[PDB]
Amino acid sequence: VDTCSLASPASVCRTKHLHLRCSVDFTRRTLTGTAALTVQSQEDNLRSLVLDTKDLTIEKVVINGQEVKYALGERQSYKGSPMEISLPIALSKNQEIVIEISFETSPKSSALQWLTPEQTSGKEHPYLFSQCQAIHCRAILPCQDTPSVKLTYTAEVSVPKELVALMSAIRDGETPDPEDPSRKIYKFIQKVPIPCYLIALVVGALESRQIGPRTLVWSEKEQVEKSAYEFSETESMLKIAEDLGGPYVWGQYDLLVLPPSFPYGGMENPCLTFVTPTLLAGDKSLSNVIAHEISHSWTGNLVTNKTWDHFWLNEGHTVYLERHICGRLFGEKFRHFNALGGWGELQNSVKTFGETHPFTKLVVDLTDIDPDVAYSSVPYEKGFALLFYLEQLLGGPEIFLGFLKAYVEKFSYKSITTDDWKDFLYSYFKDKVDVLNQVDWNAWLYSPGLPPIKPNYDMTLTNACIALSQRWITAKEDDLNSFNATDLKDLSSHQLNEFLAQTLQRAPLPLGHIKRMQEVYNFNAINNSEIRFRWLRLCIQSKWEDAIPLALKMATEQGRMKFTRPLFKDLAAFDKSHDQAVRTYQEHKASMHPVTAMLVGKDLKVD
Ligand SMILES: C[C@H](CS)C(=O)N1CCC[C@H]1C(=O)O
Ligand SMILES: [Yb+3]
Ligand SMILES: [Yb+3]
Ligand SMILES: [Yb+3]
Ligand SMILES: [Yb+3]
Ligand SMILES: [Yb+3]
Ligand SMILES: [Zn+2]
């Protein structure tokens, strides 16, 4: 049961292909065009079917050259409106037909953000980008909006000629629009079957630079050079990921650096990963987000969650490969460092949600829950924690890596549940069932709170972080003079980050300690977004008013939800900044990403 979709389920019928012809109207902020769905019946005598839509205007539905009848049901809030279509002939099992739907999106589409020129880098051209995961594809085009169905797709997209269109597919040529010489048509082909959440579109003043044999980076002109250097490890990480997961099947692996309002670190669109510009630290230090996006080329994009209830499958395996890529690159001690970090993140979200909250369960029941509201680090880190525990139980990384690659090969091109995964684990490790039977499955998969067991972590790189954070916590006023810029000389950027994460977990500290920290370590100068984030949270939670313009500025100048949401919540929890926080949210709202706007609104209780 896909409880997030209102469409006919895969048991009734399945989309096999989408042919999208559309046009991006910046003046109206709509996409207008036709989606031709090739639909296969999975039942005898099939006479109608249902698709998901959200805020779509339907002009007509044509099958076999004639218009047919359809109806739109009433709005079911965030699930949108079900669209029922009457087929002009009854279909037998496995018969196919092509349904061509003429449609137009709302300017308020939850899939889309429309940017004026002044909201971009170059200031001369507007920009558009999509984010379909989880259930926003329906807010672009009628479809069975469920990751239980995989289709191939072709598209032709008409844009103003001075702009560039890209999708989650291979570029298949461009020509002038023959109906409007002020527009170009860009063509695309996705030959590998994908869930519709993986359909993506960007349109903007984009340039490309090549950075490895099957990778171009794309961004506006002003970001190209910085991005090319920042993501230069991409091919070596692709090679390591092929070694762990088997052949990369997607042809190209290009990267697109989005504007600052992009809501996530990354989105694994096939052929074209989207990333936040907040990765551009200048030293490649945030490149684990590229390792993660690459790993999704296997776990998520080849083997996919059957419904969003089983999202941990996508994210937990991807974090598990991500941390192996970083470990082959930087050493096993560093993999442990990141894993132990991941645990503290899990501790953080459990504490923020409460230890009985349903959203701290690994497998979540999303009946009547908007997946955007349920989204957190839990499936990433509780999922990773489960895999890391099994790895240790089952005889170490080399052994558990053979399972990962077999699992990927078993379920390639399929959509699967937690039970499918577990069955295969039991079958793969048949000779270790007795070990597998010591696992508290009910607790790990279905209980809220921290898992019932904590893995074993090497401490080598973490100890210096803990040691410095503990010095600061236990320091009294007469001890502040002992801290010095030399305390940091042997810490990597990752260790500075993790010193601040440890210290943040015991926030607030006295305001005098925080001011000293700034005096001796000058964290205010650091532009690494992860480090800056945690330091500003430390400052605001410790009630340093000087930090208020700095936190508001970071919260609004980018819109990665990982940063924007905790900053606004911290700023709203501080009496001194409460009113500016609400006011700035309100003045920025209209020009925020729509999912980000909604979430920060809920977080702040505004509207
Ligand atoms: C690296 C992943 C890609 S699925 C991501 O963007 N995350 C993971 C949880 C937070 C959020 C973020 O970094 O903004
Ligand atoms: Yb029949
Ligand atoms: Yb007509
Ligand atoms: Yb071609
Ligand atoms: Yb079994
Ligand atoms: Yb003392
Ligand atoms: Zn991911």
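The numbers used for chain A are those of the PDB entry, and the residues that appear cover 4-610, in sequence. Determined by X-ray crystallography, 2.0 Å, according to the entry header. As the structure lists them, so they are numbered: ligands from 1, and atoms in each ligand from 1.
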(request) Write down the drug found at ligand 1. (result) L-captopril
(request) Tell me which macromolecule has the most close contacts with L-captopril, using the naming in UniProt. (result) Leukotriene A-4 hydrolase
(message) Does L-captopril come near enough to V292 that some N or O of the ligand is less than 3.5 Å from an N or O of the residue?
(response) no
(request) Just jot down the L-captopril atoms closer than 4.0 angstrom to any heavy atom of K565, in number order. (result) 13 (O), 14 (O)
(request) Give me the UniProt-annotated peptide-binding residues in chain A that sit with a heavy atom under 4.0 Å from L-captopril. (result) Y267, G268, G269, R563, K565
(request) Please list other ligands or ions under 4.0 Å from L-captopril. (result) ligand 7 (zinc ion)
(request) Check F265 against L-captopril and report side chain, backbone, both or neither, counting heavy atoms closer than 4.0 Å. (result) neither
(message) Show me which atoms of L-captopril lie under 4.0 Å from any heavy atom of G269.
(response) 3 (C), 6 (O)
(message) Among all the protein's non-hydrogen atoms, which is closest to atom 10 (C) of L-captopril, and how far away is it?
(response) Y378 OH, 3.6 Å
(request) Check the UniProt Zn(2+)-binding residues of chain A and list those with any heavy atom under 4.0 Å from L-captopril. (result) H295, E318
(message) I need the atoms of L-captopril closer than 4.0 Å to a non-hydrogen atom of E318, numbered in the order shown.
(response) 4 (S)
(request) Name the residues that contact L-captopril at heavy-atom distances below 4.0 Å. (result) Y267, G268, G269, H295, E296, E318, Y378, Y383, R563, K565
May I have every N or O pair linking L-captopril to the protein at under 3.5 Å, one per line with atom names and distance?
{"residue": "L-captopril", "atom": "6 (O)", "partner": "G268", "partner atom": "N", "Å": "2.7"}
{"residue": "L-captopril", "atom": "6 (O)", "partner": "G269", "partner atom": "N", "Å": "3.2"}
{"residue": "L-captopril", "atom": "7 (N)", "partner": "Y378", "partner atom": "OH", "Å": "3.4"}
{"residue": "L-captopril", "atom": "13 (O)", "partner": "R563", "partner atom": "NH2", "Å": "2.8"}
{"residue": "L-captopril", "atom": "14 (O)", "partner": "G268", "partner atom": "N", "Å": "3.1"}
{"residue": "L-captopril", "atom": "14 (O)", "partner": "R563", "partner atom": "NE", "Å": "3.2"}

